S.K.: 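Let me begin by handing over the structure; questions about it come next.
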Amino acid sequence: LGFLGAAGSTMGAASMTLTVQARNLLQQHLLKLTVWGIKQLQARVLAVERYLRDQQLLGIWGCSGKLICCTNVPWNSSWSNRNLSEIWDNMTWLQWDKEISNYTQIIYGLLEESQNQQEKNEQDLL
Amino acid sequence: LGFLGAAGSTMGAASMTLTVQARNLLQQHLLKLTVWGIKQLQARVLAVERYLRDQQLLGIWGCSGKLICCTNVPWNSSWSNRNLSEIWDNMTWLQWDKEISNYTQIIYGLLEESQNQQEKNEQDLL
Amino acid sequence: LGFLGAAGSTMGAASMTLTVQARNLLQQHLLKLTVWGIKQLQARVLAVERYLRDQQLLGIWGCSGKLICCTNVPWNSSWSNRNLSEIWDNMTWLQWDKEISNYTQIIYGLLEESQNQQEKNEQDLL
Amino acid sequence: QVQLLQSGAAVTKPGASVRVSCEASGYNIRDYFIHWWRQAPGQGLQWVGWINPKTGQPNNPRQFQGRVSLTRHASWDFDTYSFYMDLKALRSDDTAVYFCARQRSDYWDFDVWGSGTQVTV
Amino acid sequence: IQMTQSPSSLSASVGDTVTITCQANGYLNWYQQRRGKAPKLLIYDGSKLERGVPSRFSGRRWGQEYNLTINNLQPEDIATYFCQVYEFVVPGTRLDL
Amino acid sequence: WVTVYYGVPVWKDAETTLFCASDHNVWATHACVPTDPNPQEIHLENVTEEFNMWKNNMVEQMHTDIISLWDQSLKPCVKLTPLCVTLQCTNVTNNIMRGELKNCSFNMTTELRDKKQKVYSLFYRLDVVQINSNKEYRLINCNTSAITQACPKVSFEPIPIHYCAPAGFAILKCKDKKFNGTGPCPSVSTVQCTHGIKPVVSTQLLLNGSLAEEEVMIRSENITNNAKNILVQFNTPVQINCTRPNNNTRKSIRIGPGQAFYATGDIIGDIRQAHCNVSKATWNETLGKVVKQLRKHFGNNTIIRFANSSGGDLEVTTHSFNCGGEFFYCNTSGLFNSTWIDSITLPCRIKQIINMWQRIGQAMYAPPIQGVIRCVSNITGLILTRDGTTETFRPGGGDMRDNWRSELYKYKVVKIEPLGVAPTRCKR
Ligand SMILES: *[C@@H]1O[C@H](CO)[C@@H](O[C@@H]2O[C@H](CO)[C@@H](O[C@@H]3O[C@H](CO)[C@@H](O)[C@H](O[C@H]4O[C@H](CO)[C@@H](O)[C@H](O)[C@@H]4O)[C@@H]3O)[C@H](O)[C@H]2NC(C)=O)[C@H](O)[C@H]1NC(C)=O
Ligand SMILES: *[C@@H]1O[C@H](CO)[C@@H](O[C@@H]2O[C@H](CO)[C@@H](O[C@@H]3O[C@H](CO)[C@@H](O)[C@H](O)[C@H]3NC(C)=O)[C@H](O)[C@H]2NC(C)=O)[C@H](O)[C@H]1NC(C)=O
Ligand SMILES: *[C@@H]1O[C@H](CO)[C@@H](O[C@@H]2O[C@H](CO)[C@@H](O)[C@H](O)[C@H]2NC(C)=O)[C@H](O)[C@H]1NC(C)=O
Ligand SMILES: *[C@@H]1O[C@H](CO)[C@@H](O[C@@H]2O[C@H](CO)[C@@H](O)[C@H](O)[C@H]2NC(C)=O)[C@H](O)[C@H]1NC(C)=O
Ligand SMILES: *[C@@H]1O[C@H](CO)[C@@H](O[C@@H]2O[C@H](CO)[C@@H](O)[C@H](O)[C@H]2NC(C)=O)[C@H](O)[C@H]1NC(C)=O
Ligand SMILES: *[C@@H]1O[C@H](CO)[C@@H](O)[C@H](O)[C@H]1NC(C)=O
Ligand SMILES: *[C@@H]1O[C@H](CO)[C@@H](O)[C@H](O)[C@H]1NC(C)=O
Ligand SMILES: *[C@@H]1O[C@H](CO)[C@@H](O)[C@H](O)[C@H]1NC(C)=O
Ligand SMILES: *[C@@H]1O[C@H](CO)[C@@H](O)[C@H](O)[C@H]1NC(C)=O
Ligand SMILES: *[C@@H]1O[C@H](CO)[C@@H](O)[C@H](O)[C@H]1NC(C)=O
Ligand SMILES: *[C@@H]1O[C@H](CO)[C@@H](O)[C@H](O)[C@H]1NC(C)=O
Ligand SMILES: *[C@@H]1O[C@H](CO)[C@@H](O)[C@H](O)[C@H]1NC(C)=O
Ligand SMILES: *[C@@H]1O[C@H](CO)[C@@H](O)[C@H](O)[C@H]1NC(C)=O
Ligand SMILES: *[C@@H]1O[C@H](CO)[C@@H](O)[C@H](O)[C@H]1NC(C)=O
Ligand SMILES: *[C@@H]1O[C@H](CO)[C@@H](O)[C@H](O)[C@H]1NC(C)=O
Ligand SMILES: *[C@@H]1O[C@H](CO)[C@@H](O)[C@H](O)[C@H]1NC(C)=O
Ligand SMILES: *[C@@H]1O[C@H](CO)[C@@H](O)[C@H](O)[C@H]1NC(C)=O
């Protein structure tokens with residue numbers, strides 16, 4: 001299964017195909033300042049910026065270079081009250097992104113703050 | 001405290017707010033090749049380049065994805081002879097950058113060389 | 001020895017100078033949309049894209065932020081049947097890249113797939 | 001398509017001058033030298049010389065030095081390119097068919113030639 | 001640059017493999033002059049072929065020698081065949097059939 | 001058992017957009033990045049690299065850059081579309097051929113569209129063709145192109161330009177003194193930018209160039225193909241001194257609202273032919289070294305004759321160049337004169353209507369320069385052409401890519417591939 005091939009597969013099965021998705025997130029060598037050269041340059045810069053934004057978030061959460069990364073943040077129940085079985089055996093990732101849409105932002109905040117805490121702790125342990 | 005809010009706070013207290021600074025280091029989708037589109041594109045590319053330069057230095061020092069990262073380089077006394085108490089309880093980071101200005105470059109060299117040493121050692125331990 | 005100084009040195013000796021190569025992989029602040037400003041912008045974006053491609057491959061192999069990184073992939077003998085002594089004491093890196101040219105691509109595939117495996121295993125161990 | 005239309009057969013006398021035209025069309029005439037050759041009656045081909053279409057620089061062997069003159073003339077936007085071959089000290093030896101061909105790479109491949117022009121003295 | 005091409009006259013029959021030896025030390029080309037129609041390029045360089053030329057014509061390099069192996073010789077091959085290295089052209093062999 | 005290395009010294013042949021670096025100019029040198037005051041050159045040891053100066057992409061890229069800079073410098077300047085009209089031309093006041101200057105009068109448009117002015121100008125004979133009434137003329141370019149006056153303030157002086165590759169790429173300078181031009185070159189080095197390559201446009205002679213260190217050097221793509229020019233490089237320069245002895249004052253004629261046309265007025269002094277001188281005792285024995293190095297390729301028993309240009313356009317029958325802002329075309333028939341078993345005054349003719357880069361539709365009018373122009377240049381090479389017991393070597397040129405192959409022959413862009421995968425006895 002190629003790019004996005006596991007879109008309709010269950011959430012657990014798509015976790016074995018994260019690499020084939022993370023890979024595609026990023027004369028001809030001259031820019032030419034034409035209708036198409038401008039579009040190509042915009043495409044290249046947009047791809048770079050999106051990839052760096054995602055990797056920046058992963059880096060500040062401590063999940064840098066990790067396709068799957070556990071974190072110390074507990075799951076506050078108010079985000080969603082559903083047991084793991086149907087999440088990881090029935091549903092697809094798109095449906096899950098539909099449900100967790102609104103809460104996502106504050107979740108990110110929690111994650112990064114926790115990372116900073118642990119960093120200081122390690123500097124206190126050494 | 002938002003972006004750069006701990007600028008006048010002491011050096012120790014600003015270490016708990018590294019995340020709120022590292023975050024901001026990075027129709028509308030078309031470039032338009034105008035007075036303002038050129039400026040926007042220059043802004044985007046400059047932001048990307050600066051972020052990548054900083055992350056590259058961190059990566060080659062072995063401090064990749066680390067907001068605080070100890071290193072094996074000893075503190076050569078000639079850089080600055082001041083005990084940690086006033087550094088971490090009285091002064092701010094800007095004053096410290098004022099004092100360590102000239103030496104910084106050679107410090108960077110030491111750090112990266114040390115990282116390379118340890119890398120080889122690990123490949124000798126496995 | 002500066003940039004690429006160990007090009008003719010043996011493969012083992014050039015491994016102590018990986019940092020001096022990884023470093024150089026990446027009014028004046030205005031773009032100017034001239035013959036030379038276009039070339040400068042193309043240069044900057046090309047440098048950024050090449051650096052990010054290399055770092056992306058390293059990240060998905062689990063070798064992120066590692067100048068030397070062992071991996072769980074076994075060396076399939078059909079790629080090249082040569083003992084380590086002449087590889088690491090006689091030859092240079094350019095000759096080695098000459099020999100391993102064709103096989104390289106599938107090697108990359110193996111590496112990244114292995115990384116994904118180990119990731120899941122760690123999430124099963126925690 | 002690529003075409004090198006030559007002029008009709010001309011008759012002259014020993015001492016007079018003859019002009020051979022090679023109106024070229026159907027391609028970028030600039031990137032490809034134009035060579036002139038000479039087929040004597042019942043003999044092999046003989047190299048008269050090449051003309052650069054860009055600069056107009058001619059190149060002839062020692063036999064035709066001070067004798068042959070290769071010239072060109074481009075119309076507006078270089079679309080048509082008339083290549084002329086002039087001879088001055090004409091003799092009975094120089095009764096032959098003058099072909100114009102297009103060198104098309106470093107190998108001197110003359111994939112296209114002219115119809116031919118029978119100069120009889 | 002020095003060239004030689006032998007033989008000068010060569011008669012063959014239909015459906016025959018016929019080779020024209022031609023030794024040179026430069027980038028060689030083969031032509032087909034039909035006695036009053038200007039030459040036509042068949043084989044450029046030693047072995048490469050031209051568009052519009054069937055596979056009946058083919059070339060082979062061996063050290064310095066070139067062949068122009070015309071297998072399945074048809075009636076439409078009654079022409080004169082000559083070599084060319086840059087500016088030097090030798091008289092062609094007159095294929096009789 | 002696989003081990004990944006980042007930072008490996010490996011490179012692959014590649015092509016990229018090289019930018020410029022440098023220390024009112026046509027080639028926009030102000031826009032260039034400030035070059036390193038002390039360039040860092042890293043001598044690579046033990047490494048042999050296969051170069052090819054005749055398939056160098058740097059040369060084609062530089063040709064494109066020079067043409068683009070010439071176009072952009074001409075973009076904001078005056079358009080002399082009105083100047084294409086019938087001109088009543090007499091001879092300049094002189095006793096004396098010397099029809100080389102024509103005093104031409106014409107009805108030019110004024111600032112007001114409903115008025116006209118009777119003005120005059122001295123035009124070189126090469127810049128005017130006769131129509132029909134025997135005194136009626138027109139500019140040479142009216143029936144083939146539109147003419148754009150070069151801005152009087154932008155200079156044509158070649159300022160050195162350092163071609164730097166982007167990060168992640170490198171340039172490989174071949175330091176081998178005896179470089180035939182292609183093939184393997186030992187003693188390679190890495191550079192961040194090329195040396196200062198002056199963009200000097202010329203034909204039949206490379207001026208203000210870099211010299212060979214060991215011997216005169218003969219470089220041709222094929223020494224058997226006549227169509228290939230023979231680039232000759234001199235180990236010692238031959239100094240060439242020009243003078244345009246005419247004073248040639250200028251005069252502004254307002255051809256429209258806010259548009260001026262700088263035309264030659266009266267000459268203050270004597271009407272003298274322009275020229276450039278080359279020392280005879282140096283140019284001889286320079287041709288001596290050249291014939292030695294040519295007999296190396298052509299055998300010892302050949303007779304290496306040097307004849308003058310066979311024909312063609314003015315740009316390639318003569319040593320064309322830009323000196324002091326004026327465009328000279330020197331005969332150089334006395335230079336290329338010997339069989340080879342006190343100064344050499346080469347008379348030169350100036351033109352003002354210049355069609356650079358072999359184009360049509362983009363002619364330009366170089367404004368007249370006031371004062372007296374002088375060259376002091378250094379002939380560091382030739383662009384010869386062999387004639388297809390004896391071998392004749394006439395001059396050549398016209399294609400400016402051969403003028404910059406003589407500079408960008410050492411260099412070779414490569415792409416640094418830092419990733420490597422090696423077997424070692426280690427596991428994760
Ligand atoms: C090969 O290189 C040599 C130099 O190594 C070069 O000769 C130089 O030509 C320049 C042309 O600009 C000369 O500089 C001029 O010299 C006189 C005397 O000072 C002035 O008239 C000039 O200044 C006026 O004009 C400039 C525009 O040309 C304006 O920018 C300026 O504001 C003034 O109005 C100018 O300085 C220089 O003196 C010589 N060098 C010598 C004699 O040593 C030669 O042209 C090069 N050859 C080729 C073919 O490129
Ligand atoms: C290379 O050198 C040649 C001499 O070795 C030059 O040939 C000279 O060219 C002159 C100009 O074309 C000729 O003058 C012309 O002669 C003809 C024939 O007599 C007259 O009709 C013309 O009126 C006359 N030109 C003028 C302006 O009066 C010389 O006769 C001729 N010399 C010889 C010995 O043939 C080449 O011109 C020269 N080429 C270049 C490109 O510089
Ligand atoms: C110059 O042209 C000659 C003749 O075409 C080329 O000759 C080749 O030389 C090499 C080296 O000796 C031989 O291996 C080839 O077989 C020759 N080719 C042929 C077709 O005979 C020569 O390479 C050319 N020189 C260049 C490009 O530098
Ligand atoms: C070019 O010709 C013009 C006339 O078209 C000359 O200008 C005239 O010069 C004479 C003699 O000095 C004056 O009496 C006239 O009044 C001038 N007429 C004008 C300016 O319209 C001019 O001198 C000539 N220039 C040269 C030979 O350089
Ligand atoms: C370049 O100079 C040569 C001489 O060095 C010119 O040839 C002379 O032409 C004149 C007529 O213009 C003859 O009277 C001389 O006899 C010629 N001299 C020789 C030695 O042949 C030549 O015309 C000049 N080039 C151009 C293009 O004019
Ligand atoms: C979802 O798609 C997979 C293949 O990607 C398929 O095997 C599976 O049967 C599908 N799920 C359902 C419930 O049909
Ligand atoms: C520095 O600013 C902090 C708030 O950022 C404030 O609480 C503190 O009192 C200030 N320090 C001093 C010495 O006044
Ligand atoms: C390779 O170059 C190194 C310096 O980089 C030098 O010490 C060594 O002798 C060279 N190797 C050989 C086999 O000469
Ligand atoms: C332009 O004018 C010249 C001089 O009269 C003439 O020879 C030429 O044929 C004309 N056309 C072009 C395209 O130059
Ligand atoms: C003007 O110059 C021509 C050459 O262009 C010359 O033949 C003629 O004699 C000159 N006329 C006068 C009056 O000086
Ligand atoms: C300029 O205009 C006048 C109008 O009387 C005319 O006589 C004269 O010939 C014109 N000159 C030119 C060069 O056309
Ligand atoms: C230099 O290049 C030429 C190109 O034809 C080649 O034949 C020759 O062998 C080379 N010479 C040396 C000394 O490397
Ligand atoms: C040129 O003429 C001016 C006056 O127009 C004069 O001052 C100057 O000296 C002259 N230049 C020389 C002789 O070089
Ligand atoms: C070139 O000009 C300079 C000017 O000072 C002079 O000294 C030198 O001798 C000249 N060289 C030649 C070859 O005329
Ligand atoms: C140049 O030097 C050679 C060799 O000494 C000599 O024979 C010749 O007469 C000199 N002059 C010319 C014009 O070649
Ligand atoms: C060219 O050479 C001839 C001898 O072959 C000589 O008489 C003539 O004057 C020379 N021409 C020059 C230096 O212009
Ligand atoms: C050649 O001429 C320039 C001035 O035009 C001078 O600076 C340079 O040093 C000369 N070259 C040599 C090798 O003497």
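Note on naming: letters A, B, ... go to the chains in the order of the sequence lines (proteins, then strands), and numbering restarts at 1 for each one. Shown: partial entry. Contacts: counted within the shown part. Header lists the method as electron microscopy, 3.0 Å. Just so you know, these numbers use all the heavy atoms, side chains as well, and skip hydrogens, waters and symmetry mates.
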S.K.: For chains D and E, what drug is listed?
M.R.: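 PDB records name it 3BNC117.
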S.K.: Which chain accounts for the largest share of heavy-atom contacts with 3BNC117 (chains D and E), under its name in the PDB entry?
M.R.: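 Greatest contact count: HIV-1 Envelope Glycoprotein BG505 SOSIP.664 gp120.
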S.K.: Write down the other chains that contact 3BNC117 (chains D and E) with heavy atoms under 4.5 Å.
M.R.: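 Under 4.5 Å by non-hydrogen atoms: F.
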S.K.: Return the chain of 3BNC117 (chains D and E) ranked first by heavy-atom pairs under 4.5 Å with chain F.
M.R.: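 By heavy-atom pairs, the top chain is chain D.
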S.K.: What does the PDB entry report as the organism for chain F?
M.R.: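 According to the entry, Human immunodeficiency virus 1.
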S.K.: I'd love to know the epitope of 3BNC117 (chains D and E) on chain F - heavy atoms, anything under 4.5 Å.
M.R.: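 Those residues, by heavy-atom contact, are F:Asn143, F:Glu221, F:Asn222, F:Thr224, F:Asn225, F:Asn226, F:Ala227, F:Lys228, F:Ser310, F:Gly311, F:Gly312, F:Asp313, F:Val316, F:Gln358, F:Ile360, F:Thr385, F:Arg386, F:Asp387, F:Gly388, F:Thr389, F:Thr390, F:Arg394, F:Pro395, F:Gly396, F:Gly397, F:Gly398, F:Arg401.
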S.K.: Please give the residues of antibody 3BNC117 (chains D and E) within 4.5 Å of chain F, non-hydrogen atoms only.
M.R.: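 Counting heavy atoms, that gives D:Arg30, D:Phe33, D:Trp47, D:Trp50, D:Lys54, D:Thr55, D:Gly56, D:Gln57, D:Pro58, D:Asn59, D:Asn60, D:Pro61, D:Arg62, D:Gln65, D:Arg72, D:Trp76, D:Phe78, D:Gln103, D:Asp106, D:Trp108, E:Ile1, E:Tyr27, E:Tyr86, E:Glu87.
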